[PDB]
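Note on naming: letters A, B, ... go to the chains in the order of the sequence lines (proteins, then strands), and numbering restarts at 1 for each one. Each ligand, and each atom within it, is numbered from 1 in the order the structure gives. We read in the header that X-ray crystallography, 2.1 Å was used to get this structure. Both backbone and side-chain heavy atoms feed into the values below; hydrogens, waters and symmetry mates do not.
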Amino acid sequence: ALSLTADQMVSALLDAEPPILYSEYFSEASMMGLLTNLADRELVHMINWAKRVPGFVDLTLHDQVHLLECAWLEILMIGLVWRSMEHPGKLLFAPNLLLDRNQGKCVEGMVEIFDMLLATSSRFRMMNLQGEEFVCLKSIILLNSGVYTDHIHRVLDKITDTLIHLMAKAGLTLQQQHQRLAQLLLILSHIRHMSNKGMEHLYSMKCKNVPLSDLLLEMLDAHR
Amino acid sequence: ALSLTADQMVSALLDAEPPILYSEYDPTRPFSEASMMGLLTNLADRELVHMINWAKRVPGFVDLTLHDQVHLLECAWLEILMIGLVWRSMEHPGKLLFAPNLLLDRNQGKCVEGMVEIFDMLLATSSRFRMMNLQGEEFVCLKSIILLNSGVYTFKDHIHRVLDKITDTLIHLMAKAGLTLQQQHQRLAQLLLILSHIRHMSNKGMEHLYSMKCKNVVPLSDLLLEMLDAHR
Amino acid sequence: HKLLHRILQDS
Amino acid sequence: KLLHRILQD
Ligand SMILES: C[C@]12CC[C@@H]3c4ccc(O)cc4CC[C@H]3[C@@H]1CC[C@@H]2O
Ligand SMILES: C[C@]12CC[C@@H]3c4ccc(O)cc4CC[C@H]3[C@@H]1CC[C@@H]2O
Ligand SMILES: [Cl-]
């Protein structure tokens, strides 16, 4: 893991990418149904992706479970925000479920989460985020988000090296590399915030009682 | 489409490959005929959506009228699901990898009436691919051929042109892999002859699915109902 | 029309 | 939990 070159790290991450999944082809119980069904199916692919994030299968099963429980909604969200980059004003949940901001209103308390997601998407667009940078960010999220609840920090340093390598290769000055690195990592703070808000929204939906999968339920539960 | 080199054909087809999907297999319970048919048709339905978008990326396919596109997909869909399954299952002797969380042996195929004989044909096809050492580049070519060929005499010179291009591409891959000229046409024949078996299996599977529907074993999505209905 | 006919038009 | 199993199978 820590022996790979930056290019090999990027290659590995690109190769590990999960597929884009489809929705079914609205009320509050209907849209939440589509969204949660999609999320549950994506979750299964995410767990495969995780095992191919360099250093992750090196961890104990307990630690793997913990990171995924902490990270999963953050990872779904950065995925969605990436998919939606070239669709200003819309969220590309699936190629056949492209939702504008106003459709957020069908579901109580969602338009705000929609707004935060759109803002992130808009932010990435302005930064001209690259795919190779995106997969680095997604790996950082997996490994960082549960890490406070040494090998992991070495792997995190490697991914930072990889990000800097991409910016160097793109022709950015030293000063521009550090600034862009900073800009990208600060967005992860916003993504953590969105995940927190999304987690509470999902919990309250469970309470009103759309059905949730067992898997989705225990992911939810771990956040107590 | 007709301008693509062989390598660009191969690259386009590799790029267009759909993902491997997961089933909703629930291991808390033993299989029933209904639950197993439910799993398999739920999987088929979701794979169909990806197949349809794959089809649009096969060279020459979106040149066709919407009616012709519909026709080809209606004729080929189960053949395409099956050749994918058989490809997925190649490195799992004696088992069908319907999904990474749904790996089945012929014994499990027995919980569905009339299914085990279709499993056996699928398994034998998988063994055949394994014994031939079928390559991924060869596999994507075959799947494209199925798409464009299976409905063409139930409908075009344009499709035949593309089919000829895929033939050139298959030979190119074999030459590049160091096969002698004789070996090239022998292997081309062997691969194409397997398509006859896949057609046959599709016809059995279609008759099987129809009986399941006609006995109210599983509910089918509107898409699956209409695919099935296209065949009578 | 057939469901497929419409579905095919979705990007 | 369930998750515990995916990670192994
Ligand atoms: C979890 C929610 C439903 C599932 C949503 C989803 C579903 C699928 C997906 O790929 C990304 C996202 C991010 C936003 C998530 C939502 C935030 C609140 C809502 O409950
Ligand atoms: C169509 C059947 C269910 C769906 C099956 C399936 C489902 C998914 C898939 O990827 C391939 C196949 C091939 C075998 C199919 C079966 C043959 C008979 C049965 O009814
Ligand atoms: Cl899916």
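The drug located at ligand 1 is named estradiol. Counting heavy-atom pairs under 4.5 Å, the chain with the largest count for estradiol (ligand 1) is, by its name in UniProt, Estrogen receptor. Other chains within heavy-atom reach of estradiol (ligand 1), distance under 4.0 Å: A. Lab note: binding site of estradiol (ligand 1), heavy atoms under 4.0 Å, is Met32(A), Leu35(A), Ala39(A), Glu42(A), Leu76(A), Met77(A), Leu80(A), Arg83(A), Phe93(A), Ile113(A), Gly198(A), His201(A), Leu202(A). Taking every heavy atom of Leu76(A) and a limit of under 4.0 angstrom, the matching atoms of estradiol (ligand 1) come to 11 (C). Proximity to estradiol (ligand 1) (heavy atom under 4.0 Å) is shown by these UniProt 17beta-estradiol-binding residues of chain A: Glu42(A), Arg83(A), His201(A). The ligand atoms of estradiol (ligand 1) that sit less than 4.0 angstrom from a heavy atom of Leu202(A) are 20 (O).
Taking any N or O of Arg83(A), backbone or side chain, at least one lies under 3.5 Å from an N or O belonging to estradiol (ligand 1). Those atoms of estradiol (ligand 1) that come under 4.0 Å of a heavy atom in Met77(A), given as number and element, are 13 (C).
Listed by atom number, the atoms of estradiol (ligand 1) under 4.0 Å from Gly198(A) heavy atoms are 17 (C), 18 (C). Per UniProt, the domain of chain A home to most contacts with estradiol (ligand 1) is NR LBD. Under a 4.0 Å criterion applied to the non-hydrogen atoms of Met32(A), estradiol (ligand 1) contributes the atoms 20 (O).
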